[PDB]
Undergrad: 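Our group is looking at a structure that contains fluoxetine; some questions.
The residues of chain A that appear here are 5-131, 135-472, 479-511 by the PDB entry count, in order. We use all heavy atoms of the structure for the numbers below, so side chains are in, but hydrogens, waters and symmetry mates are not. Order of appearance sets the numbers: ligands from 1, and atoms from 1 within every ligand. Determination method: X-ray crystallography, 3.3 Å.
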Amino acid sequence: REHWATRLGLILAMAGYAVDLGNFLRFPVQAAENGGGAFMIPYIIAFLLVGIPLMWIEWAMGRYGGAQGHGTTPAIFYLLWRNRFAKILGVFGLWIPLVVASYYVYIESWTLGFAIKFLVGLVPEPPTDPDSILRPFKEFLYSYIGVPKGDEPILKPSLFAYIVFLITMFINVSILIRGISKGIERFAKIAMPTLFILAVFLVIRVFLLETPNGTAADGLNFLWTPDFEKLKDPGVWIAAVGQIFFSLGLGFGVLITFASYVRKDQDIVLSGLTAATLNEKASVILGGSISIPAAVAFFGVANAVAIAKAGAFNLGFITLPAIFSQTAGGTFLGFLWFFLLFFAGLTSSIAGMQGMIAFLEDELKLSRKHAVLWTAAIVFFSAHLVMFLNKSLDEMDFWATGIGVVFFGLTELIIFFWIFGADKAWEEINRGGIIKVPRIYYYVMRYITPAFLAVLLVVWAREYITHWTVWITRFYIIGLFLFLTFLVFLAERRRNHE
Ligand SMILES: CNCC[C@@H](Oc1ccc(C(F)(F)F)cc1)c1ccccc1
Ligand code: NA
Ligand code: NA
């Protein structure tokens, strides 16, 4: 079995997974709409009661299973719980990253595509007034995606967008086909420093922005000025808990797959706590200093509410390009911005397609070459539903990431800490650890964390409870689960023979 080469590489690869576009775009928006700086109170709390406990568990399960040649949840859940339902629930943690890859890599191609368009200068050049600056970029993005102009729910992506998507896929394969150490780790050692420099360079440049409508100080001011009256809202505490899940990448079965390449007695407690910290630092320091400020610096603090309500997607794909087109040398600023985003996602995409690669290698005994190409083949095919069927993306994202990861997360708790036994589990987390987990976390992991998850579930289960074309997507994603259930079946039939 393959292994991480260096402790640093492990943490960077982990951190490379956790730091995606969400750090720079989703996190700033959520904070501004939920009390600004006061949002740090439920966020930090959820980071201690939910994020940190759940991270150590997936790290534990991964390493536990990885010692026995199994990096995937179908196998691992059968080890923690010798049962048929365990292998079935384990399917989800092979299903979720595979559904996300069906659109994530695609969105990742956009950044690459835009970064190419920005570098060569193939960007709109307005013209005055905000709608007169945004619209040329609104139409610029829609032509790329192929956003439906008619009543038909049909996308028509440009030939360029598609070609970049092929390239993007090819880029992902190029890294993944070299393995864990010489591929993901070696790239994590390059991308993460590259990421940091690009972030810092923008943070510096954003702070130097000065328009008649305001400055970057006004942006950091609005974003961080605490509104404690919103802490009364349970929805904020739900958005916080949901965000920690989103930003740490919990419940995707990717931490489990990745930790399974950590050696049996190697530390997971401290190494994990570091990778988790790297992610959070990236968000609060770099992420909330680039997007929101530059948007407020240009449109004024008056539109700071309207900008935050415009969504995290408009901010990164319509707003921020529109602003760079108005700044000195901003064509290159656009290029850096998107080239920052590309690697942020490229370090995440490679990480989650490993789950399917690890499955074919461990359970179906495929070589690394085949396991990669067939995983690429699957992703590439399924992505066509996202590329062409309008709102297919959103539907996939709603199930896989909305409840898929939250449900599978709470499943991970009960299986490892309640079914497998808490004592046996606690030793599995702390074993080989440079530092030991605080004795108080035993109660957090056993009661507080599942309580938070179960009462995030109920809050999700009710209010979060569309055109007929969503069924096409439902049809497909259900079909995937059945397909994976079948491979698990074939996986256990191949083992009884040998
Ligand atoms: C690292 N923090 C999580 C953010 C990111 O996580 C993932 C991103 C991509 C993948 C995939 F590439 F599909 F494997 C798997 C997980 C994600 C989560 C939900 C939707 C889109 C992206
Ligand atoms: Na993150
Ligand atoms: Na990433």
Undergrad: Which of the ligands or chains here are copies of fluoxetine?
TA: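 All copies together: ligand 1.
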Undergrad: Report, by its name in the PDB entry, the chain making the most contacts with fluoxetine (ligand 1).
TA: Transporter
Undergrad: Could you tell me which organism the entry lists for chain A?
TA: Aquifex aeolicus
Undergrad: Quick one: what's in the binding site of fluoxetine (ligand 1) at 4.0 Å, using heavy-atom distances?
TA: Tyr21, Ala22, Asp24, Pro101, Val104, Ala105, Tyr107, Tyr108, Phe253, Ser254, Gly256, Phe259, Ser355, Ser356, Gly359, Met360, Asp404, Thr408
